[PDB]
Amino acid sequence: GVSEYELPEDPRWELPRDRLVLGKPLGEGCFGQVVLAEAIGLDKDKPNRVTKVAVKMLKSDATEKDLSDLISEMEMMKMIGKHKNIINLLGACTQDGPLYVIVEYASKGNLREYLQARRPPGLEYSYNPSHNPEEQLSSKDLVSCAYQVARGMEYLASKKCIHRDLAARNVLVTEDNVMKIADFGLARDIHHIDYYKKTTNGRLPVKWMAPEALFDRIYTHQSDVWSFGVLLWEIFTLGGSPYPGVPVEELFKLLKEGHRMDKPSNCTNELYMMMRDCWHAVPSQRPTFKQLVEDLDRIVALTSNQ
Ligand SMILES: CCN1C(=O)N(c2c(F)c(OC)cc(OC)c2F)Cc2cnc3[nH]c(CN4CCOCC4)cc3c21
């Protein structure tokens, strides 16, 4: 029972449950549930204002370890602090019920789904799967997505945070088209990892791992930079799947032999070189997120929004 555990109450973050008006499901995961909610008076200055938020909670079959992870993720987000380009912590409910972790809500879904819905019916992209498509994104908008994500990672890096699974599905898009990085404070599994098991959404996270993380389970900022390269490829394929036609068992040998993904049809040479630099075999030779932010900042200014 949740009453049988000692939940860490933080007065600065604590919100009464009856201030939340729970709504539609936002998605699932390992053992966590996330719902949409309306928070009444999230800010003490405006107690009569409503704010759309996302609420994460434990499922019916959650164990003691799951609770420990959810708390761990919450306290981690506290320590890392706030940034525009990450999913921020807004509050928590630790009393009179199950643990609720309140975070920012992104209404336009993850980056893969966001981009796929805005795929032009053209030659250079796969088909738009959305039955209700949205307006095509400009070239500047695409580089802008990359910059924002890189900026968020640059911040997380400065807070000694290693994401270990940076991907398009782990980036969320707000109503104002702001890119926000998700799941950056997840507890690392203490057991060895299944290279072949899919996520609840059918994704193979193996395809984002750097070679050193893949072969020796070594995770650094440099390995995140590798992942950012794969994300860059995802953006300019508008939500494409990494290494098309390549099975996981063959991905081990291919990567070691120096094989990398081809440049997407709609992608500048300069942006592809950036992917390749991120995909450098030697971790120390990959660019830092600081350098990535500086380049992408320059490229955004020079990229046409026409
Ligand atoms: C992918 C599910 N999800 C989360 O997992 N969130 C989340 C969270 F609850 C959380 O609790 C600690 C930590 C996170 O990373 C820091 C999160 F990203 C916050 C979060 C915020 N907005 C979201 N929007 C969506 C997708 N919806 C689906 C249908 O409604 C429109 C879009 C998922 C989602 C969402």
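We number each residue from 1, following the sequence as shown. The analysis underlying the following values was restricted to heavy atoms, covering all of them including side chains, and did not include hydrogens, waters or symmetry mates. We count ligands from 1, going down the list as the structure has it; atoms in each ligand are counted the same way. Header says: X-ray crystallography, 2.5 Å.
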Novice: Which chain is the chief contact partner of ligand 1 here, under the naming of UniProt?
Specialist: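 By the greatest number of contacts, it's Fibroblast growth factor receptor 1.
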Novice: At ligand 1 in this PDB structure, which drug or drug candidate is present?
Specialist: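 It's pemigatinib.
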Novice: Starting from atom 26 (C) of pemigatinib (ligand 1), what is the nearest protein heavy atom, named by residue and atom, and what distance separates them?
Specialist: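 Nearest neighbour among protein heavy atoms for atom 26 (C) of pemigatinib (ligand 1), to 0.1 Å: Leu26 O, 3.7 Å.
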Novice: Tell me which UniProt domain of chain A holds most of the residues near pemigatinib (ligand 1).
Specialist: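 UniProt domain: Protein kinase.
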Novice: Could you pull out, from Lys56, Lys24, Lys52, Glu73, the option with a heavy atom nearest to atom 13 (C) of pemigatinib (ligand 1)?
Specialist: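 Among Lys56, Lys24, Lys52, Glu73, the closest heavy atom to atom 13 (C) of pemigatinib (ligand 1) comes from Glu73.
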Novice: Of the protein's non-hydrogen atoms, which lies at the shortest distance from atom 17 (C) of pemigatinib (ligand 1), and what is that distance?
Specialist: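 Checked against all protein heavy atoms, atom 17 (C) of pemigatinib (ligand 1) sits closest to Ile87 CG2, 4.0 Å.
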Novice: What residue and atom, counting heavy atoms only, is the protein's closest point to atom 34 (C) of pemigatinib (ligand 1), and at what distance?
Specialist: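 The answer is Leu172 CD1, 3.8 Å.
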Novice: With nothing but distance in play, are any N or O atoms of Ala106 less than 3.5 Å from an N or O of pemigatinib (ligand 1)?
Specialist: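 Between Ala106 and pemigatinib (ligand 1) (N or O atoms, distance only) the closest approach is under 3.5 Å.
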Novice: Tell me which UniProt ATP-binding residues in chain A have a heavy atom less than 4.0 Å from pemigatinib (ligand 1).
Specialist: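 Among UniProt's ATP binders, a heavy atom under 4.0 Å is found in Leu26, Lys56, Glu104, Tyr105, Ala106, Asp183.
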Novice: Measure the distance from atom 5 (O) of pemigatinib (ligand 1) to every protein heavy atom, then report the residue, atom name and distance (to 0.1 Å) of the closest one.
Specialist: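 For atom 5 (O) of pemigatinib (ligand 1), the nearest protein heavy atom comes out as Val34 CG2, 3.6 Å.
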Novice: Under 4.0 angstrom from pemigatinib (ligand 1), any heavy atom of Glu104?
Specialist: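 Yes; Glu104 lies near enough to pemigatinib (ligand 1) that a heavy-atom distance drops under 4.0 Å.
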Novice: So, does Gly27 sit close enough to pemigatinib (ligand 1) that a heavy atom of it is under 4.0 Å from the ligand?
Specialist: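 No; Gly27 lies far enough from pemigatinib (ligand 1) that no heavy-atom distance drops under 4.0 Å.
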Novice: Report the source organism for chain A from the entry.
Specialist: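 Source per PDB: Homo sapiens.
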Novice: Against heavy atoms of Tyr105, which atoms of pemigatinib (ligand 1) measure under 4.0 Å?
Specialist: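 In order of number, 21 (C), 22 (N), 31 (C).
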Novice: Output the list of atoms in pemigatinib (ligand 1) that are nearer than 4.0 Å to some heavy atom of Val101, sorted by atom number.
Specialist: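 Heavy-atom distances to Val101 below 4.0 Å select 12 (C).
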Novice: Among all protein heavy atoms, pick out the one at the shortest distance from atom 7 (C) of pemigatinib (ligand 1); state its residue, atom name and that distance to 0.1 Å.
Specialist: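 The closest heavy atom on the protein side is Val103 CG2, 3.8 Å.
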Novice: State the UniProt active-site residue of chain A that lies closest to pemigatinib (ligand 1), plus the least heavy-atom distance in whole Å.
Specialist: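 The closest UniProt active-site residue of chain A, by heavy-atom distance, is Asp165, 11 Å.
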Novice: In the protein, which heavy atom is nearest to atom 18 (F) of pemigatinib (ligand 1), and how far is it?
Specialist: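 Of every protein heavy atom, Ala182 CB, 3.2 Å lies nearest to atom 18 (F) of pemigatinib (ligand 1).
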Novice: Identify which of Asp183, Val173, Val55 has a heavy atom lying nearest to atom 15 (O) of pemigatinib (ligand 1).
Specialist: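 Heavy atom nearest to atom 15 (O) of pemigatinib (ligand 1) belongs to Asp183.
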Novice: Taking heavy atoms under 4.0 Å, what residues and nucleotides bind pemigatinib (ligand 1)?
Specialist: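 The binding site of pemigatinib (ligand 1) (heavy atoms) is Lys24, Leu26, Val34, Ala54, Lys56, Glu73, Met77, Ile87, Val101, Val103, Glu104, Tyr105, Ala106, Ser107, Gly109, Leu172, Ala182, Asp183, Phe184.
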Novice: Please tabulate, line by line, the atom pairs linking an N/O of pemigatinib (ligand 1) to a protein N/O at a distance below 3.5 Å, with the distance in Å to 0.1, or answer 'none'.
Specialist:
from	atom 1	to	atom 2	distance (Å)
pemigatinib (ligand 1)	15 (O)	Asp183	N	2.9
pemigatinib (ligand 1)	22 (N)	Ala106	N	3.0
pemigatinib (ligand 1)	24 (N)	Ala106	O	2.8

